[PDB]
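In this structure, nevirapine is found bound to HIV-1 RT, A-chain.
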Amino acid sequence: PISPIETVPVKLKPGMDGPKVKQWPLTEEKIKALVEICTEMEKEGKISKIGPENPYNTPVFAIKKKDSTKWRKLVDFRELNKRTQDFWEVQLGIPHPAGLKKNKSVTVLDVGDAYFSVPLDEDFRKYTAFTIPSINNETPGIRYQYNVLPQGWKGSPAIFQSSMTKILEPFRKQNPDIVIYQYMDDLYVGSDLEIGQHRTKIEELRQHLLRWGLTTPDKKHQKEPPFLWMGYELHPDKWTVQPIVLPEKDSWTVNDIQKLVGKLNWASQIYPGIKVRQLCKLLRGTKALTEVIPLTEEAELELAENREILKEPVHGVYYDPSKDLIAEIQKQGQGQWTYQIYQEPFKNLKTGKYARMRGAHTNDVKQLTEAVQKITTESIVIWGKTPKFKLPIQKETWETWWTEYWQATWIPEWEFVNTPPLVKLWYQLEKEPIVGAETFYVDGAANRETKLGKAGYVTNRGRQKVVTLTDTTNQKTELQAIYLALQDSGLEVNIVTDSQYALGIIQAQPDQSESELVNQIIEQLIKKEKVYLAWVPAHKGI
Amino acid sequence: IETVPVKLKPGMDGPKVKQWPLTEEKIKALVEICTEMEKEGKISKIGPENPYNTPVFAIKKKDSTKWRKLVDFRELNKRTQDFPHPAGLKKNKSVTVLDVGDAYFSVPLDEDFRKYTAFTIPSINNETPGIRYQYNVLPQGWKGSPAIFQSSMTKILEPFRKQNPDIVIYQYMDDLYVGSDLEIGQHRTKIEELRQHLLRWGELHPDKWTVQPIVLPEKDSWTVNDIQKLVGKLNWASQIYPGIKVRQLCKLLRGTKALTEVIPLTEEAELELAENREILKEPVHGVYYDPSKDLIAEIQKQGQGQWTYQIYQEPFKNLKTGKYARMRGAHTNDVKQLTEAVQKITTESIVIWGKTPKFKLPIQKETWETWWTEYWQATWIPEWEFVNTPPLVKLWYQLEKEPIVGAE
Ligand SMILES: Cc1ccnc2c1NC(=O)c1cccnc1N2C1CC1
């Protein structure tokens, strides 16, 4: 059943030419078969014999399709695909489950080998040439070519897709209240019509395609809800999450653990609470991928406590456009955030978590911020809109922080939710010097090459110290200086430094960094009651 | 009409830029707009055989409540082959901008170049495949467009030109800048006249843009800190004016004394300072625009709704500098202010050098990417990079002067 649809012009990449690869030798069994199979689609008009005026060739194979001790074929276009032009979005991103709306019914039609229903650009066909050898390479091979979109070829989907989209426009319009989703060779149709109506329509549709030689399976040979959408299990009115099965195991190999933490990490998105910390520790030093690792007891408790989480399956709802979108956030730890999106409290649409690699230097609020952002993007992609937010941060806190931060930042319409732990400013450098406080003039220098440094200070109150450092660096010395100063200061301190990095802290006032040293200071700062940090040009008289 | 052939700079290939996700409302708007343009044959749905793409999106201008379709041909423009700016409106007493993008849609576009204008309306949640279009006429926002339509354009205007040589008319893409020193009465009226003149075929204030000097603080009594701060600033600032000196001052700063401690100035320092205040009374010498080099714009957030910027071609050699206060209403959102700011500064760049600056923005790419479009209101889109404001450059310009009272 071929189709009467205009072919999409297809041409090879810039200045390249058709495939020219040799045909493997075949058994009496692998040749007999392909001769039969090909003679089939041959009569079907799918392929056509070609003479020696075609210098191209693709390697044909023969594998006996499992669950059928019968033979089937397949061609290797790897080369052709290399030489074929590109097309646009062969998959502009998959619609996510939280973005759908409930329907009374959702049928799914396997257009199937509709790929072979769509006619290939007459001109291009020549490149699809392939050969069926003969026993003793006596008589030449029987040559063919595709007159229709071939399985495995680059342009196939793209073309099939658009073709489809065309064939579907008219029906779509006649039936606006119906929803079709074209994906691969599967046609997802849903509606809010009463069943009988729905049924009739699918039939109406089914016949529509059919008018285009587009054969699809009847109501007695379709697939039925739930529908497994990579990850989720889908029912016209709701979706679910598996649950996931953790293989209870004997010995654990590195590779195994990895694959494990993977599945696990994937899950934390839905089941926050999941933890893979100690499990991750089992990789440290791992010499080979197949070496077995003694699962530490800490690892047992964790791996265990996870199976439990993955017991309770997960139910979710679909998107109701009639309702606002609410996104709530939680800080599970330093750098970790959880969020859930729902319309009706507890009726979750979507959820997830994020681990924030401290990186150079951040602060919780900033991170909070980045979360929102990410979230906001996700939302839009799915709902074409952004969620009103519920955040564990007070408005005062936020206002204090952003109006003064050096970088431009923003949080869409949001509302504080008093769900501890709230994000707060761990500290704040005074805007001006502290009257009646020690003043520490700090300095630290290190020989770049020998890595020998000295850190120290002296105060207006006469106090002084100094330290010799081995295997250090300058930035470190500098900081160190500041560190000591904080160390020996007392609840109120004024610290003056010519450090470039100190200029950084002043400006970003980070509450976390990759540098253990910095962190050391961060902690110290938090401890102080009031700190005033000042910077002065280096090597000047000061 | 007979269409002029447009080609890409040799070696270049068409744009293949991914469409950013759009909010529902926009997508709708766009669809609407596009189905219409299609009827009118301006654009035509394309297939997949075409692999090129450019981002699109909608916006609304202040005083506009009708959704306008904007495209980002930046990439394309860069790849499109090449083919005059007066210094008058620079001085004009007033300038009015006009949107003449509508013209282009009259002129057809060379067929072989249409492919490259491919753009894609997205679908929420990827429910449906994208809706691929392509232009059949001159695209607004494209560089080739004001180019090709140059002729007709000039004609159309000559009568207004010739009967009013006391008026400057500058075109930069979809807009036309009309300047005159004629008081508002005659300006506005003459502009509307001009509109009619155009319709027939089918306020800015240039000088009140003076660079502000860097005024230094003055105290009755200075403290250790005050000085240290002042010194720090000066020392840095000496990369612009080498005339500045800071030794006398640094002298008083020798000795481990409390920041709050008060220090009286040595007559020597007092001069030193006085002397620097002088050097700072005027923009550094030797700074001349170089058409052959890129114009750069940095912006520093100053908090409180304030922002400072400097346009320059070589670091420290600022052609222009300025401060910007948030528009009434953006009382809570930086991006809004920041985008607004961007638009204003680009404008002047245009007015002045008839050229868009490359922006160095104090925001994280993601933040910017996610919301700029939301508050954009200009047919053009400048180039940008994301940065980390040095603490110092920020303190320095914070020091710029302001009117004693303002504008009343
Ligand atoms: C996999 C998939 C992708 C996009 N949409 C859908 C589906 N499948 C469904 O089973 C489904 C379930 C609920 C709502 N829409 C759904 N459908 C819509 C088509 C009826």
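Chain letters correspond, in order, to the sequence lines: A, then B, then on. Note that chain A is numbered according to the PDB entry, with residues 1-542 shown in order. Sequence positions for chain B are given in the PDB entry numbering; the residues included correspond to 5-87, 95-213, 233-438, in order. Ligands are counted one by one from 1 in listed order, and the atoms in each one are counted from 1 as well. Note that these values count all heavy atoms, side chains included, but never hydrogens, waters or copies made by symmetry.
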ask   = Which other chains have one or more heavy atoms under 4.0 Å from any atom of nevirapine (ligand 1)?
value = A
ask   = Which chain residues come within 4.0 Å of nevirapine (ligand 1), judged by heavy atoms?
value = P95(A), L100(A), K101(A), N103(A), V106(A), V179(A), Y181(A), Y188(A), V189(A), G190(A), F227(A), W229(A), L234(A), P236(A), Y318(A)
Name of chain B per PDB = HIV-1 RT, B-chain
